[PDB]
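Lab note: Cytochrome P450 2B4, ticlopidine bound.
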Amino acid sequence: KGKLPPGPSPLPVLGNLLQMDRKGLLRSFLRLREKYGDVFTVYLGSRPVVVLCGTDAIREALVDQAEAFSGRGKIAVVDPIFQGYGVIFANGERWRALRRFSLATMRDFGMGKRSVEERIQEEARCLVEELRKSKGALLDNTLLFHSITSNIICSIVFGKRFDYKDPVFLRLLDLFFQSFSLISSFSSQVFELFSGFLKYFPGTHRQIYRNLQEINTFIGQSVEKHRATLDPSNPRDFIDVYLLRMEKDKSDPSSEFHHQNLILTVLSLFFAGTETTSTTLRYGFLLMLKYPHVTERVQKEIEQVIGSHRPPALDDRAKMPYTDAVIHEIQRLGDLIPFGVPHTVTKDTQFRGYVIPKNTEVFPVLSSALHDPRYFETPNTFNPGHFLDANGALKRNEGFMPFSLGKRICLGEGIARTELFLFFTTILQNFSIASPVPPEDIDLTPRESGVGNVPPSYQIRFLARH
Ligand code: HEM
Ligand SMILES: OC[C@H]1O[C@H](O[C@H]2[C@H](O)[C@@H](O)[C@H](OCCCCCC3CCCCC3)O[C@@H]2CO)[C@H](O)[C@@H](O)[C@@H]1O
Ligand SMILES: OC[C@H]1O[C@H](O[C@H]2[C@H](O)[C@@H](O)[C@H](OCCCCCC3CCCCC3)O[C@@H]2CO)[C@H](O)[C@@H](O)[C@@H]1O
Ligand SMILES: Clc1ccccc1CN1CCc2sccc2C1
């Protein structure tokens, strides 16, 4: 008997509830770290979970024993929708199949087809056009940022984008993004522990269910359109490539590529692909308002590398160390997925002298890496310095794992990072920014903190440069 990692003694049913913290799952995990260290077991309701804190511990599991920890566990409030299908929430061979398909696909588009950077560039331009019309007025960029991000996923997945005032677009927008806030509510974190009981009563889970059903409905009726226009020689977008692939194995009643796996993979792409990018952007700008000198510097460097004429492109990034550092530091401080996304182990496992039984849920707490004082002088202060060596060159940092690590690492890292780079720079190229609020009175504490973090809403003006 090697046994489970150390941790508090559970009650039946309640589990470790009486050891948790009212402030949420994260604060709980961090309190428990102080007592039990970087690898402990906490019983969430009746199911035990292994929490990993610190960079070292996270890395040993995810990179070193990469495969043992290649498993994905459920999120209670969304499991009824996903049910183990789609790229995010699938395991074993299904997941292996989907993720291989999902990379390849967005990974090229082809010799005539337009590319993801091209798409993002276009979105950026459309955005700057949109931001001009407001002629320097106070706004709340929340809806715009949700818009540009969803449009990138649409562009990829439906082969079209949507005007920022498109009303039925906006209805679905609103609906879909309300889900994110419900999902990271306190209620949803209680649901995580006790769904087995709360499933019988009204609560956020039902709302989240309806909203995701509505989008699923819309996804499905766009899958139909695509199907009756399918041109097997010029696959326009994601859905097409899938549908063609669905064809191949229509002869195999054991193939993973069917209707259900399609709808939910597309959901998955919006689900994982949209809010975090958007809130990163939103938070970037909040930060640049608190730290004008950074913004100035970012602008100075855009001036030198890109100029005022042409539009930022992706390989401008390798020539813009300070800017890449600011982005990295935005994501780091941002800390938008504090306790990561549930893994499970795929086999009994030895870890630091413990044995973890098959399918036990593992929670890699990325927040504890992003704030690791070994890798970040100043872990709780904004500081592009964390990513710049003495020669103003861009230095990798072991503590920096926002997209997580290993076999499950964010499938959209590439896209995501391009979005951040191109939107940040393209906006900053054409606009100064300002706020009623004085810099040093800009509170940066997140309004809500759950499986995602939300920065405070704030008002900003985008001023002209043209
Ligand atoms: C700020 C931007 C983003 C961040 C910080 C982010 C972060 C993450 C993180 C931390 C995970 C957990 C990986 C794990 O389980 O260990 C994840 C999973 C995932 N992300 Fe992202 N993501 C971002 C944007 C995107 C975009 C734009 C896409 C797709 C277009 C995307 C697609 C995915 C998918 C499909 C998964 C599930 C991976 C799997 O289970 O195989 N993400 N993401
Ligand atoms: O050593 C045990 C003593 O302390 C307890 O007080 C607990 C409370 O009962 C205990 O509930 C409280 O923690 C609150 C847990 C509430 C659950 C919070 C989680 C809910 C799910 C989502 C994550 C958060 O912490 C207090 C101490 O910090 C007992 O209640 C006392 O009566 C007892 O004398
Ligand atoms: O066949 C029905 C119609 O299909 C298209 O219009 C769709 C279009 O797809 C579009 O105009 C609209 O859908 C927009 C919804 C936004 C996409 C959903 C995404 C939003 C973010 C979160 C969920 C994903 O719904 C319209 C319904 O009329 C065609 O463009 C229309 O001409 C046609 O009338
Ligand atoms: Cl669902 C959610 C819920 C609340 C806040 C933010 C989010 C969005 N992120 C956290 C959950 C997952 S799983 C894979 C990618 C992501 C991105």
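The PDB entry numbering applies to chain A: residues 27-492, in that order. One-based numbering, in listed order, for ligands and for the atoms of each. When the header is checked for method, it gives X-ray crystallography, 2.7 Å. The figures that follow rest on heavy atoms only: side chains count, while hydrogens, waters and symmetry mates do not.
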Where would I look for ticlopidine in this thing, copies and all?
ligand 4
Within 4.0 Å (heavy atoms only), which residues surround ticlopidine?
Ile114, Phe206, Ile209, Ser210, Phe297, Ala298, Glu301, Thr302, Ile363, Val367, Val477, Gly478
Extract the source organism of chain A from the PDB entry.
Oryctolagus cuniculus
